[PDB]
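Chain identifiers are assigned alphabetically from A in the order in which the sequence lines are presented. Using the numbering of the PDB entry, the residues shown for chain A are 593-642, in order. Here chain B follows the PDB entry, giving residues 3-164, 193-528, 538-1317, 1326-1332 in order. Chain C is numbered as in the PDB entry; the shown residues are, in order, 741-790. Per the PDB entry, chain D residues shown: 1037-1135, in order. Readers should note that the entry appears only in part, and the reported contacts come from within that part. Start at 1 and go down the list; that is how both ligands and their atoms are numbered.
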Amino acid sequence: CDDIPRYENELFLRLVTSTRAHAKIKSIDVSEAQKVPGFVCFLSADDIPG
Amino acid sequence: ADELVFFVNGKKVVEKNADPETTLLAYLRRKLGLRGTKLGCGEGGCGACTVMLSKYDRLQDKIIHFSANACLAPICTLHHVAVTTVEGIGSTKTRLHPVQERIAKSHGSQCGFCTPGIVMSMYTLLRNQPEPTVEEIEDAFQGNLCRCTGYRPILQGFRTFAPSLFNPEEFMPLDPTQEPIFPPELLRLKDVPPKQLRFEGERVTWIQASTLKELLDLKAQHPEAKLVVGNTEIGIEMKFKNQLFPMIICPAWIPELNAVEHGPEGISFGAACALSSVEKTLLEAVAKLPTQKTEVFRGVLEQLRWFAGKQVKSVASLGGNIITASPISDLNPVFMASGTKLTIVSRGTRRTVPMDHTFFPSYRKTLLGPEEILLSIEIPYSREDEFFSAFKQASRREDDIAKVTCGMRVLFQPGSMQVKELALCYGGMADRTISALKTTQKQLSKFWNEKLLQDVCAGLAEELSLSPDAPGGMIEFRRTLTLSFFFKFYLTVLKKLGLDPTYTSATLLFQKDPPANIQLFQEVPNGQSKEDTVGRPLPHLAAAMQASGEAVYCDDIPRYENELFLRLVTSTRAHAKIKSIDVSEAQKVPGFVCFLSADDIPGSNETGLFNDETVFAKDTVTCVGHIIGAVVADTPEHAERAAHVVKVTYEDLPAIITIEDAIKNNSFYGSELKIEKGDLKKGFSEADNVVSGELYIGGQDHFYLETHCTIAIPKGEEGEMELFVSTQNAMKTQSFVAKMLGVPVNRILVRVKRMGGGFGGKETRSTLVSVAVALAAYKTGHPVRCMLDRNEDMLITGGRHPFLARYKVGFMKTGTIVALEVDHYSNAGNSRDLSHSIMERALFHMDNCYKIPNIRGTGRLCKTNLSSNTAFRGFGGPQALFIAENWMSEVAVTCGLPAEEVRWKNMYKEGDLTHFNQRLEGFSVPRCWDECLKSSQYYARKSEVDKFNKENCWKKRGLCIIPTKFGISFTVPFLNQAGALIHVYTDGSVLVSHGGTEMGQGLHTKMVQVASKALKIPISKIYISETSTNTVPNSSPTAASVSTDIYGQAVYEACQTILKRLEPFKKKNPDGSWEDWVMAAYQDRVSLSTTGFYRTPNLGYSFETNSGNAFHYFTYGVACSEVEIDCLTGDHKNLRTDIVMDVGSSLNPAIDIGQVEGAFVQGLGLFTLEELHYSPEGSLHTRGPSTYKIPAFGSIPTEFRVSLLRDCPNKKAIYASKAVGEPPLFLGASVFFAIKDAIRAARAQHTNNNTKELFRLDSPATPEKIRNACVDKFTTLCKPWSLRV
Amino acid sequence: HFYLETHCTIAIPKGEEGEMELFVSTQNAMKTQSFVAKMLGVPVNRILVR
Amino acid sequence: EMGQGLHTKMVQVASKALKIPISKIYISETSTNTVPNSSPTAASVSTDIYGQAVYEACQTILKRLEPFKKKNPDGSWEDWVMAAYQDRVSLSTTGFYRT
Ligand SMILES: Cc1cc2nc3c(=O)[nH]c(=O)nc-3n(C[C@H](O)[C@H](O)[C@H](O)COP(=O)(O)OP(=O)(O)OC[C@H]3O[C@@H](n4cnc5c(N)ncnc54)[C@H](O)[C@@H]3O)c2cc1C
Ligand SMILES: Nc1nc2c(c(=O)[nH]1)N[C@H]1C(S)=C(S)[C@@H](COP(=O)(O)O)O[C@H]1N2
Ligand SMILES: O=c1nc2[nH][nH]cc-2c(=O)[nH]1
Ligand code: MOS
Ligand code: MOS
Ligand code: FES
Ligand code: FES
Ligand SMILES: [Ca+2]
Ligand SMILES: [Ca+2]
């Protein structure tokens, strides 16, 4: 799969995962992620169209 | 280097390293990933690249919006401009803009490749005028071309902004308050006064001058620097003439070059003012000022009506037109005749000079010094006793290069008819704009009278001479126009000084009546389910995505990061030995990867349908355009530049170019083809009359708006390769790529999503590109792609076969035919390809709709040093049908009988046998004919035509009604086969795959309609993604108009298997849904996957025995057309066309009427506008829309009526439908035969009174052929010692 | 599992009618296709898994 | 294919059933637009069930070629396949198996 050449406009996804076995998600803050060069977006449940 | 800062669809773009050679189109497509804007020509003629530009006007304190060609707009002209593309106005993902919704719902989009360009032309109009007039709407599209639709539905849908195929009450009204705002950041930057900018590219430096002082300093330091305003000349010079200007200055910002001053002698325009600004100022002047003051202004406006289109007029500068000094400038003759005043400046100098004959001393030069720039132009008020005309004649009225163009001015002594000043200035008659000074000088102090007319004509004939080797040719036509223009001026001036009423129309400037369009078709039965869409006018399923720019064509596929570009290296010689190839210059171009030739091929260099072609030339080239090799580079521009400097050394061989050359040299492919029935000798013996002649029909270029293109992806395993191809023939693409690689066919996957046009051009000739790009992917191990530039496409890929015919027809005094012999010769070019099958179909259509008891037709394929000719919509049919109607037209003239009576009395009857012994069953021509005669009011209009011809000396009308029949099936029996593959997924959604490809004809739409009816589920549950060789193998090319018939049956059969498998589940749960039955089948382990297959029964004609069925059935139709010719210029109007087409029970009357209108307009193009010109040495001159004129929006019949015949089920095809793709093209010949009728009226008037003369009119009947056939006192002005008595 | 190739997906959005082509390291192209379709809220016939 | 040689076994099966060399048979990939509604490759059963499905597809091809084989019994596989194509016989089929 990853040997397939990338498109010139191909982006890369990295999963954000829980560090807790069982918890409420109180908030998510992406304000530090946003400053990393080449950041495109943060996806979460609300972005799902279906 | 400065930052370039502009906006695209409201989003700021900061380009830190602008290259001055970068076009907006390349930037949009390759840097911003907005692939809705298309490349169709790269030369400003097609409008596929249209965008809207918006900027703040300093001098007007307002936001202005205008259209532009992105192919010619340098990004370096766009600092602080806002661009809007198709993606900026709407999308299927958000909401369509009214313009998008209406072109899609109106059936204005077929292949869809022109749709974004036409959307952006219409959008721009609406942003300037939210409630335009019908004339403003038509004028929006002077610079847009569509090959598919025949324009009628685009204009009728958009007319809504000023049973049924569409319902305008469904349409969302336009709401200008909801348009995207002008970018607020741009409106803030309007406050900061401009600064000089510098952009540095790989080869070119660009200075944007902010002030006049900066401009004059730069020109003093760099006198060689090219100014660029519009780039509509320099862009052509750089791209097509291999010119490199290392320094460019753009003075477009300078207020003095943009100023408009109303003075006492006239109106001054800055040299950077756009022609559209000039036009708007002069129109306002003509509305406000007295007639006598605006004579020159109205001359300028008349030329600007016919000057390119909106996109080019919105960016083209006055100063650019004047200083380019093209021999064919439409404005320089007007500026010269009027003595328009030119203000010229350099650092520390300024002068004003009236333009006169000395301003243009030689080819492309003016009397500016190298340090000088044109600052401003004053177009003069006309005086008392001063009159002006301006005239342009070209190949096509709209967006064309002048053949001849002029400005004419006369000044009389006060209150008199006595000439004080006369100026007749012409373009197109020399290497510069010229004045007929010798001629006009002899008339000073003469009076405006018949003797002055005769003297000026004889003088123009002597002074404006053309040697037989004049560039452009058409020597007799151009000389005639120079006189014919003066005659029009002469009569116009008599009227303005004050004519016989039969002379008045010669003085009228072009005027069209408003359009009238009626479509008639059959309502579906009262009881038919709403989910059964068969027989309903369902729009093309991709129409909305085509209108939004979301529809992906091959080059729109994103490139891989490691993807390379291929440029073909082609022969510049008709026939030569290749002695050496030197790549040493090419290897120096940055990003050069390799040069490929025959020796790089790992399998076979033998290719082509008959194995008689090279993949790459070896030892010899056999046409101009013959592919020798290919450059691969890191960008398309680097591939182009490197290919251009590959040096091939040739040794010329004797060349055979023309049909006559081939006949003389015995250069033919195979032996004569022949059909013979009855007894020719006895038939000619019985004949009252015999006419013999010869006829020629010119070729045709497909002009698919999307040119050929292939992406080849090498997988690096077992020879595997996946190709994305613009082709009608995925199967031959696969086998040809496999044969060249020397790998099994099972290693090669070809995928065809859609084509932006094919029209037969992509049935075989697409492999020329596919196999070269596949070799490049094989050799590099990288993805490679190539999309042909228009000029490469026209040169290399072939066209319709030119035909020469020798005919002999025996008939009775009644017009009844008793004998016919026709010898056909086709120009086949340098390989067989489909030439043999095309000649077979020509021979099968030499009868048209006429019973001929004694008949012999022969065919020869001429083998020539021209690109190989191929399939074109009609496939030999249109040539043979044209030859038929030409001798039929001559029988009616010879007999002195009305042509419709002679056609009717010769027509086949139900159950007759053709000349190839096939029985005509359901022969509907008689119903189409009687209905077309009635609804066209033919008889009443024939007397109106005769009345107009009596009342008009210099204009004539013609009327003709012709039938056609078209045999439906591949003439190659084994091609009449079709496969489908259908999957039902566990959600009940259906994926259909079939062997057919989509090129705009709505095949996938019809196949979805067919599957939805067969399965009894809504179309919403069925999808067709693409065509691919790993879903349906061994597919026939999408060709011969049979795709709906054969893929419809294969899909139908696959649906029946699915129904039979679900039957047990439907029975067990009769109240269930589709989804319940499908899930229950899945859970019971029943397969929801099947093939379908169809084999057309009872086909197999033999030329040896003249027996067996050639065709499954015939599609029939009738067309009546009326034209008006201008006997003095050769221009004509298409006034009215009525068509009645038998398409059986139409699966989709919107798509079928669209096929009839599209086909009819491509035929109209074939017979009246489209001409390819070649050097005596075999080099194509005509290689883009600038010189090859396809039908334009303004070309179509003004009243355009289409009816589909009612109550005519065809039991020989799927749901009682008939093939419609090709059959209607020949009906375009109705316009040709109406033009011939009109020319006979012109020749009765001024040539001779032989009412039975047979003058030869070849195809196409261009303005040259029409003007030259109208023999008169003018053609006559434009010798041997002894003559035997 | 310690498959030497970890999980991998390439997703290519075609931009037309919700169409997507996915290259996937999976034993279950069918559930990949129906799960991607369910999340997008498009019919399964729009999703190609290779 | 995950390393267990399923494609290898399916080529070996198709070669035996068709009586042609494995060199004439190729498997490129698995795709939802060629075979829909597939069970996951699992439970060790893929050779058993896809082997049956391939077998049955090969039996349909052989039945289609049979008239051409009987017409030209000394001909090659390639002669029979071209004769079938020219006679407008379909050389595409599904196979299926239900345990
Ligand atoms: C599709 C199409 C259709 C066309 N139709 C027609 C037509 O019907 N009739 C016709 O006559 N032309 C036609 N043209 C030609 C062209 O559009 C016009 O000549 C136009 O006026 C050129 O102006 P521009 O600003 O684009 O010139 P550019 O290409 O920007 O420059 C043209 C030349 O003028 C020089 N120049 C420009 N401004 C000045 C100045 N102030 N002082 C000195 N030198 C200057 C430049 O150095 C250059 O040599 C057509 C072009 C296209 C692409
Ligand atoms: N819009 C559009 N219509 C078109 C074409 C095309 O390329 N674009 N090709 C024509 C030709 S040459 C043929 S043979 C048929 C093939 O399609 P069909 O068999 O599905 O009618 O479409 C005709 N109509
Ligand atoms: O080989 C053929 N190719 C064709 N294209 N369109 C009609 C055709 C025919 O009769 N034969
Ligand atoms: O038969 Mo159309 O591809 S000329
Ligand atoms: O059944 Mo194997 O995929 S655990
Ligand atoms: S691509 Fe720009 S006008 Fe044709
Ligand atoms: S729809 Fe206009 S070129 Fe095809
Ligand atoms: Ca072509
Ligand atoms: Ca040929």
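The drug at ligand 3 is oxipurinol. Taking the chain with most contacts, the partner of oxipurinol here is, per the PDB entry, Xanthine dehydrogenase/oxidase. Counting only heavy atoms under 4.0 Å, the other chains near oxipurinol are B. In this structure, residues within 4.0 Å of oxipurinol (heavy atoms) are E802(B), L873(B), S876(B), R880(B), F914(B), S1008(B), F1009(B), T1010(B), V1011(B), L1014(B), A1078(B), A1079(B). The nearest heavy-atom contact from the protein to atom 4 (C) of oxipurinol is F914(B) CZ, 3.2 Å. Among all protein heavy atoms, the one lying closest to atom 7 (C) of oxipurinol is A1079(B) CB, 3.3 Å. Atoms of oxipurinol lying under 4.0 Å from any heavy atom of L1014(B), numbered from 1 in the order shown and given with element: 1 (O).
Per UniProt's Mo-molybdopterin-binding annotation of chain B, a non-hydrogen atom lies under 4.0 Å from oxipurinol in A1079(B). If you number the atoms of oxipurinol from 1 as listed, the ones under 4.0 Å from a heavy atom of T1010(B) come out as 9 (C), 10 (O), 11 (N). The atoms of oxipurinol that sit less than 4.0 Å from any heavy atom of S876(B) are 1 (O), 11 (N).
Near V1011(B), meaning under 4.0 Å from one of its heavy atoms, oxipurinol places the atoms 1 (O).
Residues of chain B that UniProt gives as binding substrate and that have a heavy atom less than 4.0 Å from oxipurinol: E802(B), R880(B), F914(B), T1010(B).
Remark: oxipurinol atoms within the under-4.0 Å shell around heavy atoms of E802(B) are 3 (N), 4 (C), 5 (N).
Checking distances below 4.0 Å from oxipurinol gives these other ligands and ions: ligand 4 (dioxothiomolybdenum(VI) ion). Closest UniProt active-site residue of chain B to oxipurinol, with heavy-atom distance to 1 Å: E1261(B), 4 Å.
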